[PDB]
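Quick notes on the structure that follows.
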Amino acid sequence: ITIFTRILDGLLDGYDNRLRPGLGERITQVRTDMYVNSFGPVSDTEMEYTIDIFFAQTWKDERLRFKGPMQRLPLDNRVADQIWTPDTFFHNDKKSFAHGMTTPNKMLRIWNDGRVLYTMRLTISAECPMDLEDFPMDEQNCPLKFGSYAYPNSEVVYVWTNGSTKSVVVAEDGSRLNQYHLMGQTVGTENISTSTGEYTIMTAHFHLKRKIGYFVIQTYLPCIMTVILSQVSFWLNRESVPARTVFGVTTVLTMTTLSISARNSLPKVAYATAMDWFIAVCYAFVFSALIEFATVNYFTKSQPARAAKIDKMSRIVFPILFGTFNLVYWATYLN
Amino acid sequence: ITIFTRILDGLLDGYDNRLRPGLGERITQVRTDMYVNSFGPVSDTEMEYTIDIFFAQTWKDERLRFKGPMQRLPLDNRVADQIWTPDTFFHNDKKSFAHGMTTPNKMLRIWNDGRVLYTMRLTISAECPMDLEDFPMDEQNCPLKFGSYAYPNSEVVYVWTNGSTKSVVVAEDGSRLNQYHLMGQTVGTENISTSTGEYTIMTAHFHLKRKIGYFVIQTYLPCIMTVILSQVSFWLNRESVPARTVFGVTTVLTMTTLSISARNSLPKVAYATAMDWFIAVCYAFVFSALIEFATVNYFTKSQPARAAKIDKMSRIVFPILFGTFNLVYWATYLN
Amino acid sequence: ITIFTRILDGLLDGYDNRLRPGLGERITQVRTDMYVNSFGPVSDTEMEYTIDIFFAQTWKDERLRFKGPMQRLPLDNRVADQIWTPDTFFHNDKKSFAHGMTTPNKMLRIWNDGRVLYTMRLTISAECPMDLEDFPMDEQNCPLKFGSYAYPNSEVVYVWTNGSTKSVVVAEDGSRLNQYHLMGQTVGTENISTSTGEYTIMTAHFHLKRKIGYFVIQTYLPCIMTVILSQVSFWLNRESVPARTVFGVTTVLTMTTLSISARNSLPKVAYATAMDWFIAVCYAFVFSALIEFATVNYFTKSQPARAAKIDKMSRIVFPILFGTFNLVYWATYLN
Amino acid sequence: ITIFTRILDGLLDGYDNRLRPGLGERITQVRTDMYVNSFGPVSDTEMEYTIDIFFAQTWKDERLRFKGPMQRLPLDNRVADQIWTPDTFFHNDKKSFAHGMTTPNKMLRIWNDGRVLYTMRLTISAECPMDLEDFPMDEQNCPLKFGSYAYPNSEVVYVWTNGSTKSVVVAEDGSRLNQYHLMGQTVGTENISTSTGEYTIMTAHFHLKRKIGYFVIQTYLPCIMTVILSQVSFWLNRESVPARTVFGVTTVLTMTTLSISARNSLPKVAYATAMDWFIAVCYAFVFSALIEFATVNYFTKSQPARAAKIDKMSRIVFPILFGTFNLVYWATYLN
Amino acid sequence: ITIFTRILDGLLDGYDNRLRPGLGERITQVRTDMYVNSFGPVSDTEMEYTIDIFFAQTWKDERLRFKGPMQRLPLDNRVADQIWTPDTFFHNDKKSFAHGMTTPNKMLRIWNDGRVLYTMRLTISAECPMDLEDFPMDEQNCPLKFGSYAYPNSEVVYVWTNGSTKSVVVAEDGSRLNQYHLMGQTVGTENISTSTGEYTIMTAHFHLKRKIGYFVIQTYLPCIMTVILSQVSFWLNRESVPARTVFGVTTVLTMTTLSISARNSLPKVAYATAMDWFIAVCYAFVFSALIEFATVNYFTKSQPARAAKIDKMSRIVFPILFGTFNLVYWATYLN
Ligand SMILES: CC(=O)[C@H]1CC[C@H]2[C@@H]3CC[C@@H]4C[C@H](O)CC[C@]4(C)[C@H]3CC[C@]12C
Ligand SMILES: CC(=O)[C@H]1CC[C@H]2[C@@H]3CC[C@@H]4C[C@H](O)CC[C@]4(C)[C@H]3CC[C@]12C
Ligand SMILES: CC(=O)[C@H]1CC[C@H]2[C@@H]3CC[C@@H]4C[C@H](O)CC[C@]4(C)[C@H]3CC[C@]12C
Ligand SMILES: CC(=O)[C@H]1CC[C@H]2[C@@H]3CC[C@@H]4C[C@H](O)CC[C@]4(C)[C@H]3CC[C@]12C
Ligand SMILES: CC(=O)[C@H]1CC[C@H]2[C@@H]3CC[C@@H]4C[C@H](O)CC[C@]4(C)[C@H]3CC[C@]12C
Ligand SMILES: CCOC(=O)c1ncn2c1CN(C)C(=O)c1cc(F)ccc1-2
Ligand SMILES: CCOC(=O)c1ncn2c1CN(C)C(=O)c1cc(F)ccc1-2
Ligand SMILES: CCOC(=O)c1ncn2c1CN(C)C(=O)c1cc(F)ccc1-2
Ligand SMILES: CCOC(=O)c1ncn2c1CN(C)C(=O)c1cc(F)ccc1-2
Ligand SMILES: CCOC(=O)c1ncn2c1CN(C)C(=O)c1cc(F)ccc1-2
Ligand SMILES: *[C@@H]1O[C@H](CO)[C@@H](O)[C@H](O)[C@H]1NC(C)=O
Ligand SMILES: *[C@@H]1O[C@H](CO)[C@@H](O)[C@H](O)[C@H]1NC(C)=O
Ligand SMILES: *[C@@H]1O[C@H](CO)[C@@H](O)[C@H](O)[C@H]1NC(C)=O
Ligand SMILES: *[C@@H]1O[C@H](CO)[C@@H](O)[C@H](O)[C@H]1NC(C)=O
Ligand SMILES: *[C@@H]1O[C@H](CO)[C@@H](O)[C@H](O)[C@H]1NC(C)=O
Ligand SMILES: *[C@@H]1O[C@H](CO)[C@@H](O)[C@H](O)[C@H]1NC(C)=O
């Protein structure tokens, strides 16, 4: 153990962590790996998502080159703080933190040739814009961008691990989401020209397809039952004005109540959503069934034969219409 | 007191906490104990649970081997920071923190032979997936996985305490939960092969049985009374179209109102829940009682004798049906 | 000022804060005082309560014994870190923090004989289980336990201040609670045998009696008015089937609406609450008034005289029953 | 610049920040100034308020007395930490924090004679009990108490700035509140005898007048319309039992619905609020209009002429009563 | 690399970060740049907005002027802490924090001539008062003011960038908001006289125009449908007192239900909002249609010809009126 105490002391004696490795000589290339331990909750209201990853980075540093019996130096964060590390930051991040129990989860390993490995565990809430036009039969793509904050392209460059280690890995246990399904992952690299030089930023996209199960139970199913409720009126006595009247208005109150409740749980966007149309049409089918009787009753005095054909015809026309509406609605958005 | 100041200074003189004990010589074996002071709130929506534990770890470090009058060295965190400790982290953790008042709750004890005792207090929110198909007659198993972050199996190994201290202990005060019951605990050890070596991870499962009391009061009971409400209609005058009509529709509005409220308090999962079916069937029993009258009124003019048997039988079939339905529902899920 | 700088420097010169005072000689006895500046919000849902206290502790450290003109040394937190202090932790704590503005509120005072006074201000959210069977005519007792984390009975012992300084003091300004009333305070001491030795834990119980004012306004009163609403039906025309029918069902919808709203605000426990019964009985009084008419209507054809006695007697039986129900309900739980 | 480096080094050379200025000689007098940058949200439910202030303190420290070309030493927080400062804490505080971006906002300035200026920016959530008996025609007064935590009157004394600089200043931008109006400010000084000596505490009261606008829109106005709704019944056909019956019960359901929602937004106190009475009376005016008809219908069979005067009289008596009630209600509380 | 280690050591050798550059000779001028990476959520209730910016500042410090092969010194935060920096704080800030993952996002660059570049990433929640009289056809302007906390105009001055870097830049991805649209940005400088000298404060205004889409879907449309619902009553049988009565009251109950939910999502201000009027008028149109029938029914017995003209005229007057109402409402506020 005393052998390694002098090796560490020798490497760090006179080591200037303020300067990057290969300053004025080479561009420090960093091979970045990643393992998604858990895909945190996604929010279609706040347009963000949380993710728990093991973010690994390896680069070249000649100052740490040593020769000894061991081929690797297993070390903790106590050394990761004393040496230089890339100040990798996440561009689209909202807030982030590195897990600290028991000690700040930072693993450092130094090989003879100077190869460094500096990985940590991060829970980060990043941005994810969404176009909820097809919501809840929706598909969104949440990116994760990260690069160096202080080092332009001339000073530092990032690249993904190619071949040995998979670029992005995701655990099946953590990927489980109540309302989304993780389709896959995509990685890429790009250069960006900013007012403080051109930086290389590394993107990692997580494709998501929304699960409609919760919404069939909450909104679609009760709406369907409430338009069928309105269409019961056609089979009741046409001459019983109070019965047909109170039935038509109470069902509108029912649909009006149902649309009020469904509104609270839906994203607060400023455009029409695929569900917003389903609720709209259903309200029209409930409102229409009421107007249907208002016409039936208006003609009862002088044109009762006409008011009878309207009601009897409405018994088949209404369900056939709402039936075909669903045939088109689901056939359109489920594609 | 002056004796112990030189012993501590002597041990820490030249002590390199950056290196694990026995590097290149022995494997640091850590005996892990745990005491659940409180089982924090469990969340079936966020699929997580909070837990408050005293997490103890003991290993052997020859560098701390000393000779003196005392057999043990009672010390605080002021020494725990100066020595080496295993960087044990919890794999399924979402967020964790160690209690700090008055001082960081870390207890250190060093015996003559060099065995160390390093325990701390942790409140941690860990992951716990759930299959809420039988909710609220549910059973879940929440795990707690923890291992070393930087040291694979070759460098460090974990084992549960055998004999003196029980692996996992639970306090009678804290395990109390409003909606859950802690059945028991299970401990285990397993090896995992990762891209940074093979680590030993220690699992601790907490079995949970849900308490249906809250849900019988909130949803089951009012639904049952509201279908019984619908079945009152069969005993009223069939020829009074407004009475039977307004009664049939108002109860649907009532059942529709009841189902809207129950939906908010239930988990926002995307599959059918055991309660979701009970609400569904009840809505069907209310909707049927209405359709039952719609037929009675439809046949009342030309087929009054036929419409009479429908109403009278509905007086017994409906309650007998809903009665037998409950017999099957509860008998099925309570098993 | 130059006199005290050498006294302080002399005391701290060679002072080892890692070791407790009187190690291997005497047991460090700590007299703990407490002043509740404010009793934070109590939660009957999360089973928790917040409290803001000035937590004072005094012991004797021979190393700090000095001789000088001043009898005591007024000092800030800048010295509290340099000396030894008991690592007092709160056993039932959930989350705690020490006020830091302007500077960390820690007061240190050192007397000639070496007796120390070390107090701080703490806001702590501690556990408080509740048996809400009589809720909201309830009484709860919230404890506050604190002891040493690293020093067993043999090494450190706690005792309450008796006589000179009051053990626990509470300001009437902070004791104000919207839904609770602070009856009093009780203090005690006990020994607990743990796997790391036997420790002494100090308990402080705060007795609470719940205030029913908010609930009479929110729930009891509207329920009473809504069952009296149901009993208006007996005075209406028996031959008007729609009038009596819509009145009976709409009031059930009203009571069903009223009970749904009261449900969200009430604690989410899994057992029957004293109020849950009051809402239950009231719903029964509204549901019965409806069933009462269904029977009246069922007998109207062949037994109208019997259907008349039912309605007319119900005008007095119902209010006398609900009247006497309140007489019994309130008389039982208010005791 | 090298001149000031030697002056600062000279002043801080041998400076003991653990000791207060004038220890064992004089009482350190601190003139405290304050500037309310913003008056954070006020909460009548949690009985607290947030406030953002620039908290200034000035005293004399003879050790910092220097002679040089400059008359004052403009310094940042880097020096404020190195010297002694009063450990001023806010007694009624619940949680506070000092702004840190870019650097901890602490301004230090040292004059020749040794007078120091040490100001900081603080956002603090302080306590503010309220007597909401006249709510929402309300007026509250929130205090702000602060003194030294470790230094009694004998060692430190606080006094407000007088003359040139005003004790408390408030910006018109921050004083804007959605539901409150800031009447003015009051400052005062007092001594308090505590178990750790007698301290001097400085109070700053902020007088508040509540804005009734939000509640007229939410609660008062719809209630007024809903009692006028109930009084429509008197003008409808008295012999139409279903019409008058369904109208009477639906308005009660409407008023019962309205009172449930207004309740959620109101403070959860345990006494009657000025609004609680307005809602109560309105419910009584809706409930009475229903009983009015129940009487009309009860007398219609045998005493129809009397049932006519009741209905016709109620057309004038009811609105005149609700009219005079409002005349008295507003005249009482708005005074 | 060893060349730069002596240069840095040479520059920092004897460097006093407590003193500003050019003290007692020149005014430290700081050119401030800004890049809005994301425009965080805006709150019309809390009157605040969150923003994520790259806040850059550049000044000249002669002490850091060096001669070497490189023209600039790429450095991290490890040096930014060791040198002097302007203590720039944001005046209207409520809560701010600088991103810390991986390392504190502070970029430092030192040119030969002594020019420094000190930029950081900040997420800050600043104040933004609003006049929501025209809400939701609204326009608001949220400012962002920042200056030096300890250095008045005489010692430090702030200025906007000269043309190299644009003063305020906004990212195309992050500026997207659900309910607002970012029109543009305006920058300015002003002097303010405070009790601690006169400071220069830098303003940055972000103009916002509200999106009416969400409110058309949530409130306007259902209100439109519910007043049209009320106007159906004129076409139904005038002599059917129950039919017209239950329809009139239920639509009021429906509109009354609609107004409470609309109130929940709207800002809790104490003045009348453009929507508050639209909801009010719609309630008047539903209530009026009810009073319309009460008049028709009151005249039905003795003045049926008058009760016929009233009802028939109402079929056109009501929709024509509500039609023109929208024409004026939308035409006025949409301008
Ligand atoms: C002529 C007739 O059979 C009546 C019965 C119900 C009436 C409708 C009710 C809803 C609308 C009310 C509005 O005031 C005028 C247009 C609308 C659409 C009315 C047009 C005329 C209708 C259809
Ligand atoms: C002929 C008859 O007794 C009528 C009375 C109520 C009617 C039902 C009401 C609900 C549905 C409405 C839909 O438009 C057609 C199918 C459904 C299921 C109707 C079929 C015909 C029924 C059963
Ligand atoms: C025969 C008679 O006076 C009728 C009127 C209302 C009816 C009750 C309505 C509620 C229940 C409905 C259920 O379907 C059968 C039992 C229950 C309890 C009925 C039994 C028979 C009653 C009491
Ligand atoms: C005789 C008469 O005009 C009836 C019509 C409505 C009835 C009241 C309804 C509400 C109450 C119901 C209770 O069961 C008895 C007392 C109460 C207050 C009744 C007393 C008698 C009244 C006033
Ligand atoms: C005579 C007549 O056509 C009646 C029918 C509905 C009545 C109105 C109902 C609402 C109000 C009730 C109040 O008690 C008196 C004024 C108000 C405004 C009444 C005035 C008289 C009206 C308009
Ligand atoms: C794919 C790159 O992987 C990392 O960067 C990494 N960094 C730390 N660890 C890993 C591997 N990994 C996915 C773990 O879960 C894990 C499990 C352990 F028991 C100990 C360490 C790690
Ligand atoms: C316009 C003012 O900009 C800055 O002062 C600034 N400060 C840091 N950075 C920038 C440039 N900028 C707009 C970035 O996005 C960026 C991107 C990177 F990958 C690394 C650093 C920065
Ligand atoms: C069984 C696991 O034991 C620990 O890991 C442990 N660590 C600290 N403590 C314990 C023992 N234990 C269960 C306590 O509750 C306790 C009680 C005290 F008053 C002081 C210290 C502890
Ligand atoms: C019960 C032990 O109390 C303390 O140890 C204590 N610590 C701080 N303070 C006290 C006394 N006390 C009850 C106060 O309220 C108070 C009032 C002040 F103005 C200044 C300091 C304190
Ligand atoms: C009245 C008490 O005032 C202070 O003690 C104070 N402390 C800090 N500052 C002030 C003056 N003041 C009212 C400011 O707004 C201000 C404005 C600045 F740009 C920089 C510093 C300050
Ligand atoms: C992008 O950046 C990388 C950084 O190494 C560089 O090699 C490549 O030539 C650049 N290409 C473009 C188009 O910017
Ligand atoms: C797992 O690892 C431990 C390391 O101590 C070893 O003793 C055990 O045999 C291993 N078991 C398996 C199944 O790999
Ligand atoms: C606690 O145990 C100690 C011995 O360690 C004993 O002296 C003391 O009296 C005990 N206290 C109580 C309350 O039993
Ligand atoms: C409070 O105490 C101070 C001494 O520190 C004294 O000067 C002052 O007069 C006292 N106030 C009152 C009201 O007695
Ligand atoms: C313009 O501003 C930049 C800020 O970095 C500065 O370096 C440069 O010297 C300035 N030049 C002029 C002409 O203002
Ligand atoms: C701001 O103050 C400085 C102080 O010298 C002055 O030169 C400048 O003209 C002032 N600018 C404004 C807009 O007041």
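First the proteins, then the strands, lettered A, B, ... as listed; each starts at 1. All heavy atoms count here, side chains included; hydrogens, waters and symmetry mates do not. Technique stated in the header: X-ray crystallography, 2.6 Å. Order of listing sets the numbers, starting from 1, for every ligand and every atom in it.
In this structure, the drug modeled at ligand 8 is flumazenil. At ligands 1, 2, 3, 4 and 5 one finds the drug pregnanolone.
The chain forming the most contacts with flumazenil (ligand 8) in this entry appears in the PDB entry as Gamma-aminobutyric acid receptor subunit alpha-5. The chains other than those of the drug that have a heavy atom under 4.0 Å from flumazenil (ligand 8) are B, C.
For flumazenil (ligand 8), the heavy-atom contacts closer than 4.0 Å come from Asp33(B), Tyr35(B), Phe54(B), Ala56(B), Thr119(B), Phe89(C), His91(C), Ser148(C), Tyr149(C), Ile192(C), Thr194(C), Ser195(C), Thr196(C), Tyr199(C). Looking at chain C and flumazenil (ligand 8), the transmembrane segments (UniProt, N terminus first) with a heavy atom under 4.0 Å away come to none.
Looking only at protein heavy atoms, the nearest one to atom 17 (C) of flumazenil (ligand 8) is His91(C) NE2, 3.6 Å.
For flumazenil (ligand 8) and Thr119(B), the ligand atoms under 4.0 Å from any heavy atom of the residue are 4 (C), 5 (O), 7 (N). Atom numbering of flumazenil (ligand 8) starts at 1 in the shown order; those under 4.0 Å from a heavy atom of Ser148(C) are 18 (C), 19 (F), 20 (C). The ligand atoms of flumazenil (ligand 8) that sit less than 4.0 angstrom from a heavy atom of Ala56(B) are 5 (O). Here the protein heavy atom with the shortest distance to atom 21 (C) of flumazenil (ligand 8) is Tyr149(C) O, 3.1 Å. Scanning the protein for heavy atoms near atom 18 (C) of flumazenil (ligand 8), the closest one is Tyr199(C) CG, 3.5 Å. The source species given by the entry for chain C is Homo sapiens. When only non-hydrogen protein atoms are considered, atom 9 (N) of flumazenil (ligand 8) lies nearest to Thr196(C) OG1, 3.8 Å. For atom 14 (C) of flumazenil (ligand 8), the closest non-hydrogen atom on the protein side is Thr194(C) CG2, 3.6 Å. In this structure, the protein non-hydrogen atom closest to atom 3 (O) of flumazenil (ligand 8) is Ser195(C) OG, 3.3 Å. Set against the non-hydrogen atoms of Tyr35(B), the atoms of flumazenil (ligand 8) under 4.0 Å away are 1 (C), 2 (C), 13 (C).
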